[PDB]
Structures are given as structure tokens and as C-alpha cells.
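A quick write-up on the structure given underneath.
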2 protein chains.
Amino acid sequence: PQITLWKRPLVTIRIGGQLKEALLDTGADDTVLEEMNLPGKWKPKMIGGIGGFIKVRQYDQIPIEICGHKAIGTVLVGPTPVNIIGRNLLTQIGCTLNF
Amino acid sequence: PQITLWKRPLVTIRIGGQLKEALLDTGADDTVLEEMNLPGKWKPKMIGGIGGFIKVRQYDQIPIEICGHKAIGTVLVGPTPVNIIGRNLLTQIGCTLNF
Ligand SMILES: CC(C)CN(C[C@@H](O)[C@H](Cc1ccccc1)NC(=O)O[C@H]1CO[C@H]2OCC[C@H]21)S(=O)(=O)c1ccc2nc(NC3CCN(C4CCCC4)CC3)sc2c1
């Protein structure tokens, strides 16, 4: 599909038995999801945005379904105000910017 | 152009005769530039990201040429970690997400 930018580019994502709304975010290197207790190994990390850094948990090789397209990769979990789909996954679903 | 997301979507912008690199950012509602001088009236504003809130100066009706395409709109100036072109100007240059 083509998504215009008049409104926030929010789309449905699925990660396990959790369906969530997430921002397709070309300004995000990484994918950052709201707090969720995912299984398996993780590593602590700090990521920085406009107003400073937050502490997140880095989970690797997590399958995530974005608008019905399959992806699998690193997901950062922590106290973000919005679920953010970053470039690590946007490239996997074939996402480009066009103008 | 078509811009892939294997690398940060950084483009050159022209604002007030100066060239800057800025990030095409679909997850940003607003355009936020690193501290710089701009002419005219401005108003104190606050915006929130990951990490919290910052204080910015809001300049209205500022021309920016973004990768060859003209926009004229609101530009926020403050302690953003990177110059970001948000949806308010992305829409003006006809930018969409496609996959
Ligand atoms: C600001 C921008 C440069 C980055 N932000 C994405 C942005 O779209 C954000 C998304 C957003 C939206 C809403 C709320 C909150 C956020 N929007 C935003 O702040 O918009 C504001 C402007 O307009 C307003 O409208 C929306 C909010 C306002 S971010 O959310 O903070 C963000 C996301 C993923 C990410 N991955 C990282 N990995 C890497 C880690 C490793 N390091 C390197 C590794 C070794 C050294 C450094 C590189 C970064 S660092 C990093 C930072």
C-alpha cells in the first residue's frame, strides 16, 4: 500500500498474542515497543531521543507481523510513549519513502 | 526520489541560505531543528519524545527546500539530537510511505 502522512502512520502489528498499534517511523533506527513481558534472553540498553534516554530491554530474533507482512528481528522493550517500528523492520517489509 | 531505509533517510535541506542535513522522519508530527538562528517572531513551545519533553522555539511560515522540494511551514528549534523533517513538511513535498 501507499500511506500518506496527513495523520500519524499507525498500523496494526502482531507480536505473539498481542495485537498493537505502531508508528511506521523512518526516523527510528530501531524498533521500540511499549512494555511487554516477552519470553527469552534479553540485554539492557539505553536509547536516546528528543528529551533524553530511556532504558530498554533488547530481545533478538522476535517474529513480528506488520500490516500482514512478515518480519523478524531485534525489538527494544521499555517505557516509550508510543510503539515505534524502526528501520530494522521497515526494510524487511519493503518500505520506502517516495516523493 | 525513492528512498530506501537500510541507511538513515538523511537529506540536505536549505533554510535561510544554509545547508543542513536532516532526517526524513515519518514518526515526527513536527519539524524540529537543532539550535540555530532564524529571523522573525517566535513563541516558546514544549514537545515530547522518547526521553521526555524539551523546550523549543516555534517559528511559523519558514521556507525550507527539502531535497529540491519547496515547503513553507512551522519549524521548531531546540535541543533535538538531530535535525528532523516531520509530517507537517513531509506532506507539503508529497512524501508517502510505500511497501
Ligand atoms: C527523534 C528521532 C531522531 C528518533 N526518534 C524517532 C522519532 O520518529 C520519534 C518517535 C516518537 C513519536 C512520538 C513519541 C515518542 C517518539 N518522534 C519524535 O520524537 O517526534 C517529536 C517531534 O514531533 C512530535 O510528534 C511526535 C513526537 C514529537 S526516537 O523515537 O526517539 C528513537 C526511535 C528509535 C531509535 N533507535 C535508536 N537506536 C540506536 C541505538 C544505538 N545508537 C548508536 C549505537 C552505538 C552508538 C550510538 C544509535 C541509535 S535511537 C532511537 C530513537
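Below, chains carry the letters A, B, ... as their sequence lines are ordered, and counting in each starts from 1. When reading the values below, keep in mind they use all heavy atoms of this one structure, side chains included, and skip hydrogens, waters and symmetry mates. Just so you know, ligand 1 is whichever comes first in the structure, and atom 1 is the first atom listed for that ligand.
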Identify the drug located at ligand 1.
TMC310911
In this PDB structure, which macromolecule forms the chief contact with TMC310911, named as in the PDB entry?
HIV-1 protease
Looking at TMC310911, which other chains have a heavy atom under 4.0 Å from it, would you say?
A, B
Any idea which atoms of TMC310911 are less than 4.0 Å away from a heavy-atom of B/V82?
3 (C)
Report yes or no: does a heavy atom of B/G48 sit under 4.0 Å from some atom of TMC310911?
yes
Is the closest heavy atom of A/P81 to TMC310911 under 4.0 Å?
yes
What residue and atom, counting heavy atoms only, is the protein's closest point to atom 33 (C) of TMC310911, and at what distance?
A/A28 CB, 3.4 Å
N/O to N/O below 3.5 Å, does that happen between B/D30 and TMC310911?
yes
Side chain or backbone of B/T80 under 4.0 Å from TMC310911, or both, or neither, by non-hydrogen atoms?
neither
Taking N or O atoms only and a 3.5 Å limit, does B/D25 qualify as a polar contact for TMC310911?
yes
Considering the heavy atoms of B/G49, write down every atom of TMC310911 situated less than 4.0 Å from one of them.
15 (C), 19 (O)
Atom 4 (C) of TMC310911 - nearest protein heavy atom and its distance:
A/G27 O, 3.3 Å
If we set the cut-off at 4.0 Å for heavy atoms, which region of A/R8 has an atom near TMC310911: side chain, backbone, both, or neither?
side chain
Which residues are in the binding site of TMC310911, using 4.0 Å as the heavy-atom cut-off?
A/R8, A/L23, A/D25, A/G27, A/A28, A/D29, A/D30, A/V32, A/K45, A/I47, A/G48, A/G49, A/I50, A/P81, A/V82, A/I84, B/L23, B/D25, B/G27, B/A28, B/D29, B/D30, B/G48, B/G49, B/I50, B/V82
Could you pull out every N or O of TMC310911 that sits under 3.5 Å from a protein N or O, with the distance for each pair?
unit_1: TMC310911; atom_1: 8 (O); unit_2: A/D25; atom_2: OD1; d: 2.6
unit_1: TMC310911; atom_1: 8 (O); unit_2: A/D25; atom_2: OD2; d: 2.6
unit_1: TMC310911; atom_1: 8 (O); unit_2: B/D25; atom_2: OD1; d: 2.7
unit_1: TMC310911; atom_1: 8 (O); unit_2: B/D25; atom_2: OD2; d: 3.2
unit_1: TMC310911; atom_1: 17 (N); unit_2: B/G27; atom_2: O; d: 3.3
unit_1: TMC310911; atom_1: 23 (O); unit_2: B/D29; atom_2: N; d: 3.3
unit_1: TMC310911; atom_1: 23 (O); unit_2: B/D30; atom_2: N; d: 3.2
unit_1: TMC310911; atom_1: 25 (O); unit_2: B/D29; atom_2: N; d: 3.0
unit_1: TMC310911; atom_1: 25 (O); unit_2: B/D29; atom_2: OD2; d: 3.2
unit_1: TMC310911; atom_1: 36 (N); unit_2: A/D30; atom_2: N; d: 3.1
unit_1: TMC310911; atom_1: 38 (N); unit_2: A/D30; atom_2: OD2; d: 2.5

